[PDB]
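What follows is a model of Histone deacetylase-like amidohydrolase carrying bound vorinostat.
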Amino acid sequence: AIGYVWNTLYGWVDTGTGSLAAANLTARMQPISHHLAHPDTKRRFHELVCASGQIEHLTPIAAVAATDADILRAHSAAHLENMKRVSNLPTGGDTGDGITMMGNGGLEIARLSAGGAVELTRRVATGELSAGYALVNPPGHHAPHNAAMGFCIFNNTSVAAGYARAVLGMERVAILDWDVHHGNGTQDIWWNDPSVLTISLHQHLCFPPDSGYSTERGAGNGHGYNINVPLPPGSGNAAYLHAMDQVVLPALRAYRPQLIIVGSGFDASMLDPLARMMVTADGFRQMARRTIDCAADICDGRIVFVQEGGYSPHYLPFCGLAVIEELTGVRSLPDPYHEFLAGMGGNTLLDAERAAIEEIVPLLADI
Ligand SMILES: O=C(CCCCCCC(=O)Nc1ccccc1)NO
Ligand SMILES: [K+]
Ligand SMILES: [K+]
Ligand SMILES: [Zn+2]
């Protein structure tokens, strides 16, 4: 029984009229209809879930607004307070990094995004659902304990993990983040804490800058329970699956989480503007399959996917659909870009990709 979260307001996130930063006359950055992070990309994934008939194989789960209590399990009081402040401003405004915006009352959507993750998590853990996908927006993984950052207001997976820890009494939770950018926020939150294993695969130094080196391993009792797997630009299916087989899956098995939460971004895709990676819908399909099978093995199948980044409105929907299909076990639509993208490469493990991955294998010892 597979749960699925979509809220209409996920598609109503106001990304303004700029490209990344706001439009800017002095810099001559012309206004544009669709900001890189415009909600249409994720809405098209939702609509494809419905139009493809996958929705008939899913159990719709209503998002519930994350409470202050919920948020403070992952975030500082100062941060919550600050988000309330910014959300209450007449126009809303900058959440702190000059780029991540929230409109007036935008906290509502932020709360629904984190709360979608929490609700799906709650229902998978009760045993009502076997697994699910929370197609939330805004994303979460850059938001650290005490800030918003990189389109992220709250760290959705960390709020969910926190809930699983405090409310559901789970001793260990794993967050596996395959969004192409470093999950610095998640890393920060659980830095000193061995009870949440935080793994990030990412294009090395893609975003944030100066972040996501494999030397970043946690501290105190949490040392050895943060694993960064920085990969070179041009990495594709072969590199991603090698990282899964050599680091990710071994790591999950060593750690023995009671729940696996996947920060599922699709910005590693072949056609994404915001990274240089070569993962195809079939690549994501194999990644999802391995992780679900792993959960079946080690934590009674308890696996919760939570949407992170991805910026191709054309291609993201098919990458997302492939993951949904691995959840439902109904595989009823081709990737219509498959042959076009297959010819481009990425499906051979290059020596430099193998070496980047090899660099992390020794860290498994400390789990
Ligand atoms: O998919 C994503 C988004 C990655 C890119 C976000 C960039 C936001 C940004 O431009 N931040 C910034 C850059 C320079 C100075 C200050 C803020 N998250 O994983
Ligand atoms: K940790
Ligand atoms: K990542
Ligand atoms: Zn990303």
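Residues: numbered from 1 along the sequence shown. Order of listing sets the numbers, starting from 1, for every ligand and every atom in it. Heavy atoms only: backbone and side chains are in, while hydrogens, waters and symmetry mates are out.
Within the model, the positions assigned to vorinostat, copies included, correspond to ligand 1.
Rounded to 1 Å, the minimal heavy-atom separation between vorinostat (ligand 1) and the UniProt active site of chain A occurs at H142, 3 Å.
Atom 11 (N) of vorinostat (ligand 1) has as its closest protein heavy atom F207 CZ, 3.4 Å.
Numbered from 1 in the order shown, with element, the atoms of vorinostat (ligand 1) that lie under 4.0 Å from a heavy atom of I99 read 8 (C), 9 (C), 10 (O), 11 (N), 12 (C), 17 (C). For chain A, the UniProt Zn(2+)-binding residues having a heavy atom under 4.0 Å from vorinostat (ligand 1) consist of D179, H181, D267.
Of all the atoms in vorinostat (ligand 1), the ones that sit under 4.0 Å from a non-hydrogen atom of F151 are 3 (C), 6 (C).
Taking atom 17 (C) of vorinostat (ligand 1) as the reference point, the nearest protein heavy-atom neighbour is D97 O, 3.4 Å. Those other ligands and ions that come closer than 4.0 Å to vorinostat (ligand 1) are ligand 4 (zinc ion).
Considering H181, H182, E308 only, the shortest heavy-atom separation from atom 4 (C) of vorinostat (ligand 1) involves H181.
For atom 18 (N) of vorinostat (ligand 1), the nearest protein heavy atom (residue, atom name, distance) is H142 NE2, 2.9 Å.
At a heavy-atom cutoff of 4.0 Å, vorinostat (ligand 1) is contacted by the side chain of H141 but not by its backbone. In this structure, the protein non-hydrogen atom closest to atom 1 (O) of vorinostat (ligand 1) is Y311 OH, 2.4 Å. Under 4.0 angstrom from vorinostat (ligand 1), the non-hydrogen atoms of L20 all belong to its side chain. At under 3.5 Å, a nitrogen or oxygen of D179, whether backbone or side chain, sits near a nitrogen or oxygen of vorinostat (ligand 1). Inside a 4.0 Å radius of atom 6 (C) of vorinostat (ligand 1) there is at least one protein heavy atom.
Heavy-atom contacts of vorinostat (ligand 1) within 4.0 Å involve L20, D97, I99, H141, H142, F151, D179, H181, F207, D267, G309, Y311.
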